[PDB]
Amino acid sequence: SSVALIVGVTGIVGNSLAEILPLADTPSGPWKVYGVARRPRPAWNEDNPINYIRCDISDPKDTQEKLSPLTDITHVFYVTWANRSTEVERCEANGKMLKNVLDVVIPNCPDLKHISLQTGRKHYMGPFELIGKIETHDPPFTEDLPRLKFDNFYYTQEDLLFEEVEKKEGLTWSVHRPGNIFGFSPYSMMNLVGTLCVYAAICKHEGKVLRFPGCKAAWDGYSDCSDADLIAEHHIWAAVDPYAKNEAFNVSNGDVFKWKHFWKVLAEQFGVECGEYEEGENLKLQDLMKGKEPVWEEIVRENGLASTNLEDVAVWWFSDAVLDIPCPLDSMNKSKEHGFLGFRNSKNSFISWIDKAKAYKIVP
Ligand SMILES: NC(=O)c1ccc[n+]([C@@H]2O[C@H](COP(=O)([O-])OP(=O)(O)OC[C@H]3O[C@@H](n4cnc5c(N)ncnc54)[C@H](OP(=O)(O)O)[C@@H]3O)[C@@H](O)[C@H]2O)c1
Ligand SMILES: CC(=O)[C@H]1CC[C@H]2[C@@H]3CCC4=CC(=O)CC[C@]4(C)[C@H]3CC[C@]12C
């Protein structure tokens, strides 16, 4: 039997992995699962049968303290990261966290088979501060083109991964580069669906229009996304498929869509009048939602929602980051050619994840 450690078990993928790994039909079942995070385990994470371990993996002491007893790890799913003001900062911060974790597990887990690291499409686009400002490789992005000549903590994290896995013979790795993730996690630092749901709710409550806070390319251009269950299935796939070992793979839903169409979906789900991209207006939810914490607190009190503060449930800057540029497509051909044929209907994905938020009473 095989034992997973999910590093970031309350994140938008960590939660998906917390729910899928213990399932019976999950490959290499039955799975023992350890799940790490910092905050006290929230209610929406309890419905999974995970061994919850509070640990701040930036602290080498706490990481040695919390993870060293875990003698029986077989697979590691790194589903976390730390944000800073400069990418160079992100590099050292995210290297240290990843290194803390690996430096403990590998010498302590004689059954450790695989280490599965999640980065993202920003590997091809450059960091936030530089997105849309640098010559990238022409999309669709394929996994084994050269890295950009700009610092990127995905690269730092990768080169680190490579070294560590050599300490244990037969230890093997995989890298997964999702696009924007449609998922569920009121704690995630990048939760597009979650943030968009709060917006619509606020709009419904105020009776205003669901205006579009994005650029024409996001409205009318092709976009794609990465369903969080699929991303979880993708982690599991490389962790167990020996012909996927030691490879980076994109993971996206297998289709495209336009926000002009999904916007109507978003509106209908919350009973709001759907707005439409207006020229030269460049709305920002970061600007448009300033000071709305009393309105949220009213929406919550009224509609019976769980006690959430929008700071947690709405990451405005990230919705802006997403909608304020055009969406470069990636390719799933390497994944498919290696056997990962999983996919998701993105429109159904969107509704599915809007509805999980409703179901957990995060939004109305
Ligand atoms: N989210 C997206 O849309 C998206 C899209 C593409 C790529 N990615 C990439 O995917 C990777 C994983 O990110 P994610 O989006 O899955 O993150 P996420 O949803 O915010 O999840 C982070 C998880 O790690 C935990 N955590 C935070 N700080 C920790 C620490 N010091 N020690 C231990 N646990 C800690 C969080 O819980 P606590 O805060 O309670 O500890 C949470 O469980 C990152 O490299 C990210 O860039 C994300
Ligand atoms: C519509 C649009 O522009 C979106 C859809 C795909 C998005 C990108 C997908 C990859 C990515 C990962 C992130 O963590 C945020 C920034 C970026 C770089 C996103 C910025 C905005 C994009 C390009």
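The residues of the chain are indexed from 1 along the displayed sequence. Note that ligands are numbered from 1 as they come in the structure, with each ligand's atoms numbered from 1 the same way. Worth knowing before you read on, the calculation uses all heavy atoms, side chains too, and leaves out hydrogens, waters and symmetry mates.
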State which drug is present at ligand 2.
progesterone
Looking at contacts alone, what is the main macromolecule next to progesterone, by its name in the PDB entry?
Progesterone 5-beta-reductase
Close N or O approach (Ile131, progesterone; < 3.5 Å):
no
Counting both backbone and side chain atoms, is some N or O of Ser223 under 3.5 Å from an N or O of progesterone?
no
Do progesterone and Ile325 have nitrogen or oxygen atoms that lie under 3.5 Å from each other?
yes
Mind checking whether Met190 has an N or O less than 3.5 Å away from an N or O of progesterone?
no
Residue, atom name and distance, where the atom is the protein heavy atom closest to atom 11 (C) of progesterone
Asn180 ND2, 3.7 Å
Check whether any N or O atom of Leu323, backbone or side chain, sits under 3.5 Å from an N or O atom of progesterone, and answer yes or no.
no
Show the binding site of progesterone at 4.0 Å, heavy-atom contacts only.
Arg121, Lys122, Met125, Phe128, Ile131, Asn180, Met190, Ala218, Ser223, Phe318, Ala321, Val322, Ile325, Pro326, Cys327, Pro328
